[PDB]
Amino acid sequence: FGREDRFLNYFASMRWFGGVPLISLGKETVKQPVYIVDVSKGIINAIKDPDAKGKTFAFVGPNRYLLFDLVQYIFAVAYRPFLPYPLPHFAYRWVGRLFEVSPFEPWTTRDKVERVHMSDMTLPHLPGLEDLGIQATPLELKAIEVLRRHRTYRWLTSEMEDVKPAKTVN
Amino acid sequence: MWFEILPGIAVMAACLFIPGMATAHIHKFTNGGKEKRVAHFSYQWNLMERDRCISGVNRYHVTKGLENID
Amino acid sequence: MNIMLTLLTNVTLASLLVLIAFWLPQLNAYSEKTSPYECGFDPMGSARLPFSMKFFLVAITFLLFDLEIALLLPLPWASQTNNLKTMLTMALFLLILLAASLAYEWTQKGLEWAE
Amino acid sequence: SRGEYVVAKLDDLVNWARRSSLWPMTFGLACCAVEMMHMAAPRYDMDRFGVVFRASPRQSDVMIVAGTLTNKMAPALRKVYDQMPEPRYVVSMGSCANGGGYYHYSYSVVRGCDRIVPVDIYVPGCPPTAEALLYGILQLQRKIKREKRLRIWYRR
Amino acid sequence: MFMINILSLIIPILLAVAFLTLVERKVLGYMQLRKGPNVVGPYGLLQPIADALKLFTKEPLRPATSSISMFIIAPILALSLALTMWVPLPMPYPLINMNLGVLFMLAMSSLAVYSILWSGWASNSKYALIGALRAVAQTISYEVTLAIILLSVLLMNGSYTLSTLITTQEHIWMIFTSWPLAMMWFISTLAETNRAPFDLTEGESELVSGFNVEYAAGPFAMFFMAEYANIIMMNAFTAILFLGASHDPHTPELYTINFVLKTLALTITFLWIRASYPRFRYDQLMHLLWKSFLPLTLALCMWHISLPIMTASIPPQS
Amino acid sequence: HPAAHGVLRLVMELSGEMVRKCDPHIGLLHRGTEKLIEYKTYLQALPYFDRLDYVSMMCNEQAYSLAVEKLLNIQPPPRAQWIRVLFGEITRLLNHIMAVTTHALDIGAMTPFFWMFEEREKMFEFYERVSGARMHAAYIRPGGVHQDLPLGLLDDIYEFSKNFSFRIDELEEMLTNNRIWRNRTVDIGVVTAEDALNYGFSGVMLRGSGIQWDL
Amino acid sequence: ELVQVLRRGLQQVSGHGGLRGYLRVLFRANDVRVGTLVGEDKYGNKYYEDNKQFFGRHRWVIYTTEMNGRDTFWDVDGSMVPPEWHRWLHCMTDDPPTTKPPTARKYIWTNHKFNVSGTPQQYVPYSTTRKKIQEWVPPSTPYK
Amino acid sequence: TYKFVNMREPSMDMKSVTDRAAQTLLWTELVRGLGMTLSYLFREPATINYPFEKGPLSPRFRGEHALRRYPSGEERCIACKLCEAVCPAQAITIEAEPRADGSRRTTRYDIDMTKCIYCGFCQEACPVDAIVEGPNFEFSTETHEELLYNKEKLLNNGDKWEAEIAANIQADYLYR
Ligand SMILES: COC1=C(OC)C(=O)C(C/C=C(\C)CC/C=C(/C)CC/C=C(\C)CC/C=C(\C)CC/C=C(/C)CC/C=C(\C)CC/C=C(\C)CC/C=C(\C)CC/C=C(/C)CCC=C(C)C)=C(C)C1=O
Ligand SMILES: CCCCCCCCCCCCCCCCCC(=O)OC[C@H](COP(=O)([O-])OCC[N+](C)(C)C)OC(=O)CCCCCCCCCCCCCCCCC
Ligand SMILES: CCCCCCCCCCCCCCCCCC(=O)OC[C@H](COP(=O)([O-])OCC[N+](C)(C)C)OC(=O)CCCCCCCCCCCCCCCCC
Ligand SMILES: CCCCCCCCCCCCCCCCCC(=O)OC[C@H](COP(=O)([O-])OCC[N+](C)(C)C)OC(=O)CCCCCCCCCCCCCCCCC
Ligand SMILES: CCCCCCCCCCCCCCCCC[C@@H](O)O[C@H](CO[C@H](O)CCCCCCCCCCCCCCC)COP(=O)(O)OCC[N+](C)(C)C
Ligand SMILES: CCCCCCCC/C=C/CCCCCCCC(=O)OC[C@H](COP(=O)(O)OCCN)OC(=O)CCCCCCC/C=C/CCCCCCCC
Ligand SMILES: CCCCCCCC/C=C\CCCCCCCC(=O)OC[C@H](COP(=O)(O)OCCN)OC(=O)CCCCCCC/C=C/CCCCCCCC
Ligand SMILES: CN(C)C(=N)NC(=N)N
Ligand code: SF4
Ligand code: SF4
Ligand code: SF4
């Protein structure tokens with residue numbers, strides 16, 4: 001997640017389509033997004049680390065959220081009304097099929113819907129940012145960098161601390 | 001020189017000719033080759049309606065006369 | 001009928017031009033691209049703050065003079081009456097009163113902007 | 001192919017308008033800006049080429065960084081460049097804008113406007129003549145001609 | 001067929017707007033010892049096309065602080081009213097033969113005033129706000145002066161119908177009849193159309209593009225098109241009102257040619273004035289009309305009320 | 001900003017459109033010229049003066065050369081001094097053209113700008129012929145001038161001087177008696193003689209206020 | 001009267017060889033003047049002069065349609081002129097290369113090259129000096 | 001001596017008062033401005049048809065730099081570093097060593113064209129007329145690095161523009 005990302009922008013761009021369609025209301029999906037600067041710093045450190053030659057690293061954020069809580073926090077930071085509703089999986093897949101006929105960059109696809117519904121895996125054995133020397137940056141600190149653009153003039157100047165952190169699942 | 005301004009002015013003039021000439025041609029075409037009737041008052045509008053009624057073809061510009069009375 | 005049709009035509013053409021403008025070209029908008037313009041530096045305050053209007057009195061006088069022109073507009077038909085003497089007298093009465101209002105405001109410095 | 005032919009002709013059409021309708025931002029620094037004024041002067045009239053100065057960065061296509069860029073001025077130049085909408089091109093003019101110029105080893109000079117904004121054309125001189133800047137503008141136009149955005153999209 | 005007539009009125013007007021852009025460029029160039037556009041096509045004839053394509057293929061942006069609803073409406077209103085002002089003009093046959101063919105023009109102009117106001121206010125920028133208030137002041141001044149001048153000139157005519165204006169000017173010209181009102185009306189049309197020396201709402205030297213500072217790409221091109229269409233329309237209105245061409249019912253093409261020539265002469269005079277003169281200051285413009293034009297305008301209105309009565313030359317009502 | 005000369009930040013406090021205070025922020029074109037001069041030699045520091053007021057180049061060069069010659073206790077030859085005076089007056093014409101035309105452009109008049117800038121192009125041709133650089137000549141140096149005039153420069157300067165009074169007259173036909181220009185410029189920025197002297201104004205400011213002073 | 005000027009225009013149409021040549025010169029040079037041919041170089045560029053025109057427009061060049069390996073029918077550069085015609089065109093002298101050829105040297109390039117920027121022929125900077133410090137080379141024979 | 005620019009006063013006689021009133025009501029000076037603008041419209045423009053017509057220049061013109069040679073083909077530069085010493089912008093870097101034949105010749109001669117101020121001191125200080133500022137000025141590049149010249153690039157410029165540079169030096173060397 002970052003300024004030019006897909007994740008936060010994709011979740012914050014559902015304003016135009018009325019409410020927010022979620023599979024099982026987003027109650028069965030757990031995700032821990034990772035900060036772009038943290039990913040880049042880890043990539044740079046892996047180059048300079050001599051004993052990371054043939055390894056596999058997992059880069060995840062410090063907090064795990066339910067999908068519903070994450071989208072609710074995204075809309076709260078963007079200061080947009082949040083109106084979620086459950087959409088059955090086959091209907092959401094058909095909707096994604098409709099949107100992928102765009103010759104240009106599609107807004108959403110069936111694979112994107114599948115990935116959004118899928119929960120992030122837990123891989124304790126693989127190393128991570130703490131092993132590469134990077135402290136993972138929590139979402140609550142850098143969320144305002146991405147979601148301030150999605151606000152209106154009414155709430156443009158609202159401060160970072162004005163929105164409570166989302167309910168984590170740890 | 002200064003005469004290279006003329007072609008742009010000529011094109012603009014040609015563009016400005018089109019509205020009035022087109023309107024005149026459409027008026028003549030849709031009014032039986034005559035000027036579109038100007039009805040600024042109820043009397044002239046009633047004249048147009050009577051012309052429609054007497055024509056028998058529901059067109060006011062179709063004019064009937066002595067050959068029609070007899 | 002025709003006037004409504006041509007109003008619809010003009011509005012539809014303008015809306016289609018807006019749609020073409022906002023959907024044909026490539027869009028790449030970020031926070032700094034859409035920021036307000038203040039000649040390269042950030043604005044000190046907000047553009048929604050009160051903005052002093054030094055000609056407030058002239059606007060009210062404009063309201064009254066708009067009423068005056070509203071009264072004076074039907075003159076071309078008023079010249080077709082038989083009572084030409086009365087019509088001319090009342091038209092000149094209205095115009096003289098308008099001139100007197102302008103003269104009073106000018107002499108009392110209502111036309112001078114606030115400092 | 002029909003599709004490749006259509007996109008090639010469409011790309012030529014689009015690049016022609018942008019090539020022949022350059023609207024530089026009214027933006028000059030230091031001595032190099034006077035040569036822009038002499039370029040706009042009757043002797044080397046820029047308007048005949050389709051090059052018209054506009055004041056608002058929103059209504060501008062090209063930024064001519066003409067003159068010395070200082071540390072106190074760099075944020076403003078970056079801000080106006082950002083506020084200029086795409087497609088946007090940059091022509092740096094003179095040694096100060098190219099590199100450091102006469103003031104390269106100065107505490108209050110940015111050694112090159114390309115440290116701040118991506119530069120498309122570099123015009124060398126101190127100051128480059130109006131003819132030199134006109135040559136740079138024509139070179140920028142030729143660079144625009146070689147862009148193939150629809151051709152990149154079709155084969156993407 | 002009426003839709004075909006509407007299209008024939010609309011599209012050539014936009015073409016004339018683009019080539020007026022080109023003509024103004026070249027005229028100013030040759031008055032300033034330059035050449036103007038002569039590279040894009042033969043004598044620069046493709047320059048308007050290149051500029052239009054560039055503007056409509058460039059990215060438009062909406063400011064973060066802008067009110068988007070009124071940000072989009074303003075160019076729509078401006079262009080729609082600029083195109084709508086052309087429907088009652090007789091050349092020599094109007095598209096829409098309104099009985100009150102002048103009050104419609106006044107009302108639509110007063111409505112087109114709000115386009116720049118709403119564009120400036122919606123932009124949520126200080127220069128746009130300043131341009132909007134300059135528009136307010138300019139509208140005040142030219143509105144009152146235009147109203148009285150038009151009342152007097154049409155009082156010489158008999159009604160508010162432009163075909164009746166043609167019939168009135170069959171023999172001689174309203175410029176001969178009422179040249180002082182003609183000069184003041186020309187100044188008022190300059191102020192109404194926001195041309196130099198009264199380009200205060202978009203004063204480039206004092207403000208960075210004024211009310212349209214935040215407008216780019218297509219929406220800006222719509223403001224430019226509306227401005228130039230208003231320029232041509234007001235010059236055509238002045239030509240019809242003061243320079244009456246002879247009309248032959250059987251061959252109405254001669255009237256169209258004369259009308260277009262007079263309109264082009266007046267538009268070139270507009271460009272000539274812009275090249276020649278500096279810019280006013282909006283308080284000086286307000287004091288120019290209220291303190292100089294308005295008294296003389298009232299005096300001339302009284303004179304033109306009294307003249308037909310005292311000379312037994314009151315025009316026919318119909 | 002078009003009227004801010006590109007590199008001036010003027011923080012203004014406005015009540016409506018009336019000005020309450022002006023707070024010019026300068027230094028956006030600060031380069032450290034004096035420090036660099038301290039680090040350069042006397043010959044290597046002349047172009048710094050050449051680039052200080054880039055509308056009076058040979059005038060800045062002449063001032064620096066006079067300072068260095070005064071410190072050196074030497075004297076330029078008479079031909080060098082005459083060349084310096086001639087090109088100083090040519091540069092004064094250049095600067096006054098630029099000033100008046102940009103003033104009229106900020107006010108709303110551009111055709112005088114274009115005409116007088118064609119004249120400026122001719123004077124740039126003179127500069128380039130005498131020095132090789134169109135504006136930043138670096139021609140006047142401590143001790144005289146770098147090189148002698150070419151064998152047609154005096155005749156061309158005579159032709160230009162002969163055909164320039166008409167240009168000035170055409171400029172005056174457009175602004176001097178124009179009522180709009182008089183409205184814009186008359187009684188604007190009035191400075192008294194005592195205030196000008198105390199604030200340290202020099203040249204055209206003092207002479208406009210009425211002070212009979214010319215160096 | 002304007003009749004004489006119209007005749008001059010028609011002569012320029014005929015002077016260029018007809019409608020085809022007139023249009024070709026008009027659409028690639030934006031000027032349809034005719035003047036004496038001073039000369040032509042090896043690359044196809046033609047050079048004309050007309051002293052009746054004011055200083056600045058009394059010498060001009062019609063660029064070739066193909067230079068080296070580039071199709072230069074439309075995209076004409078200001079750097080395509082070789083040095084001698086460049087000097088004559090920019091009026092550093094009144095003597096054309098045809099009348100006054102320059103001195104011939106064994107090192108001067110035979111074929112002029114225009115601005116090669118943006119092409120695989122562009123200049124790329126590098127250090128022209130060798131390595132200052134020589135590293136020690138350990139022996140290839142083990143000590144043990 | 002001195003003169004007053006604005007110190008006149010208008011005569012108050014009836015004819016002059018009426019003339020001023022006519023000028024106020026009938027915009028005489030505005031018509032004069034229109035007439036001047038119309039005159040300029042009917043005049044001939046000064047625009048040259050670039051790039052087919054080039055602006056005038058002089059043999060003293062300072063353009064792109066070049067390294068010259070003797071007619072024998074030997075390089076003129078003797079690595080004396082006078083240009084490097086006198087360069088106001090420190091845009092010249094020179095490193096030399098004895099050549100295979102013992103000549104005093106440079107191995108590195110770099111000029112930074114983004115740092116040079118084109119002041120011409122290097123060609124003044126050269127005692128062998130090796131470094132010159134040639135007549136070319138149309139050498140704008142699309143990348144920054146292309147403007148960091150070295151000895152090979154400057155020698156190529158000298159070989160490319162040798163005829164014109166030699167002609168200009170012959171024309172202007174009696175004033176130096
Ligand atoms: C240091 O800093 C500097 C300063 O200090 C800050 C300075 O002061 C200066 C000095 C600067 C100056 C002196 C410059 C000022 C002086 C000047 C003279 C500048 C003048 C500027 C102007 C006149 C600008 C005005 C022009 C503009 C903005 C261009 C706008 C162009 C347009 C075309 C407008 C848009 C029009 C449109 C969109 C019309 C579109 C039409 C339609 C949609 C109609 C469609 C019709 C159809 C489709 C019909 C088709 C029919 C047919 C037959 C075609 C079919 C054929 C097919 C092939 C299909 C300088 C240099 C400087 O450096
Ligand atoms: C005088 C007229 C005034 C009004 C003019 C109104 C506009 C008229 C414009 C006509 C030409 C339009 C050409 C396409 C412009 C694309 C702009 C753009 O952003 O492109 C980049 C984009 C680039 O896409 P991308 O895939 O590279 O996007 C990734 C971009 N990054 C990496 C930065 C995120 O191209 C496209 O999106 C493809 C567009 C395809 C074409 C769309 C339809 C055009 C139809 C035109 C008429 C066709 C007529 C029939 C064929 C005739 C053939 C001779
Ligand atoms: C004729 C009516 C037109 C109405 C307006 C339509 C927009 C186009 C206006 C005219 C200008 C055209 C210019 C050239 C083409 C570019 C514009 C264009 O076509 O964009 C298309 C857009 C383009 O996407 P874009 O965002 O990349 O647009 C930019 C385009 N370029 C790259 C060229 C700059 O594509 C689509 O819309 C594809 C998906 C179509 C189906 C979904 C539509 C939106 C969702 C609606 C349904 C939501 C609920 C789903 C479930 C429904 C059932 C329950
Ligand atoms: C169902 C339609 C809803 C439309 C809603 C939007 C428009 C609202 C105004 C009413 C409809 C338009 C006018 C209909 C006239 C019907 C009668 C007719 O044809 O009369 C012939 C008359 C003919 O002229 P006449 O009346 O002098 O002559 C009588 C007829 N003869 C010639 C026979 C003697 O037409 C007119 O007079 C033209 C008047 C036009 C007035 C237009 C007013 C509305 C302008 C816009 C208002 C909204 C502004 C919004 C601003 C932006 C907001 C975001
Ligand atoms: C309403 C919707 C939009 C309408 C758009 C279509 C209407 C306009 C049609 C196109 C306008 C004319 C384009 C062609 C311009 C020719 C001018 C000529 O000079 O250009 C030459 C050739 O033009 C371009 O090189 C080729 C690209 C332009 C033509 C594209 C192919 C046709 C595209 C489709 C046109 C019809 C549109 C159909 C789909 C809408 C080379 O010029 P250039 O080298 O630079 O100039 C160098 C400077 N010189 C002159 C001094 C030497
Ligand atoms: C006429 C309307 C008023 C009727 C009586 C109402 C009295 C109480 C209401 C007062 C409001 C009226 C205000 C208008 C007049 C007051 C204006 C005023 O005080 O000064 C008038 C002003 C002063 O100018 P200066 O002193 O030179 O300025 C110096 C600046 N340094 O001069 C004027 O007189 C201008 C007035 C012009 C219009 C006056 C209207 C009256 C004229 C009536 C003539 C027609 C009579 C009809 C007879 C017909 C015979 C056949
Ligand atoms: C009839 C055949 C004979 C022809 C000769 C007759 C001509 C003489 C007729 C009477 C002439 C009237 C002269 C009065 C005008 C002079 C008044 C005057 O000078 O006022 C001074 C002063 C100067 O203005 P300032 O604001 O100070 O300028 C800024 C300075 N820093 O002016 C004023 O104060 C304003 C005076 C009131 C203005 C009145 C204007 C409105 C009335 C005119 C409308 C038309 C006339 C109305 C009907 C007239 C008949 C009743
Ligand atoms: C005088 N200088 C340096 C300007 N930039 N001037 C200007 N009017 N833009
Ligand atoms: S490169 Fe030279 S002329 Fe240009 S701004 Fe720098 S010092 Fe001035
Ligand atoms: S011209 Fe001047 S700044 Fe440039 S390299 Fe030569 S001595 Fe250095
Ligand atoms: S002054 Fe001349 S000889 Fe000396 S190092 Fe420089 S280029 Fe070589």
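In what follows, chains carry the letters A, B, and so on, assigned in the order in which the sequence lines appear, proteins first and then strands, with residues in each chain numbered from 1. Order of appearance sets the numbers: ligands from 1, and atoms from 1 within every ligand. Readers should note that the entry appears only in part, and the reported contacts come from within that part.
Per the PDB entry, the macromolecule in most contact with ligand 8 is NADH dehydrogenase [ubiquinone] iron-sulfur protein 2, mitochondrial.
The name recorded for the drug at ligand 8 is metformin. Contact chains for metformin (heavy atom under 4.0 Å, other chains only): F. For metformin, the other ligands and ions with an atom under 4.0 Å away are ligand 1 (ubiquinone-10).
Looking at the entry, the name attached to chain D is NADH dehydrogenase [ubiquinone] iron-sulfur protein 7, mitochondrial. Counting heavy atoms under 4.0 Å, the binding site of metformin comprises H5(F), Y54(F), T102(F).
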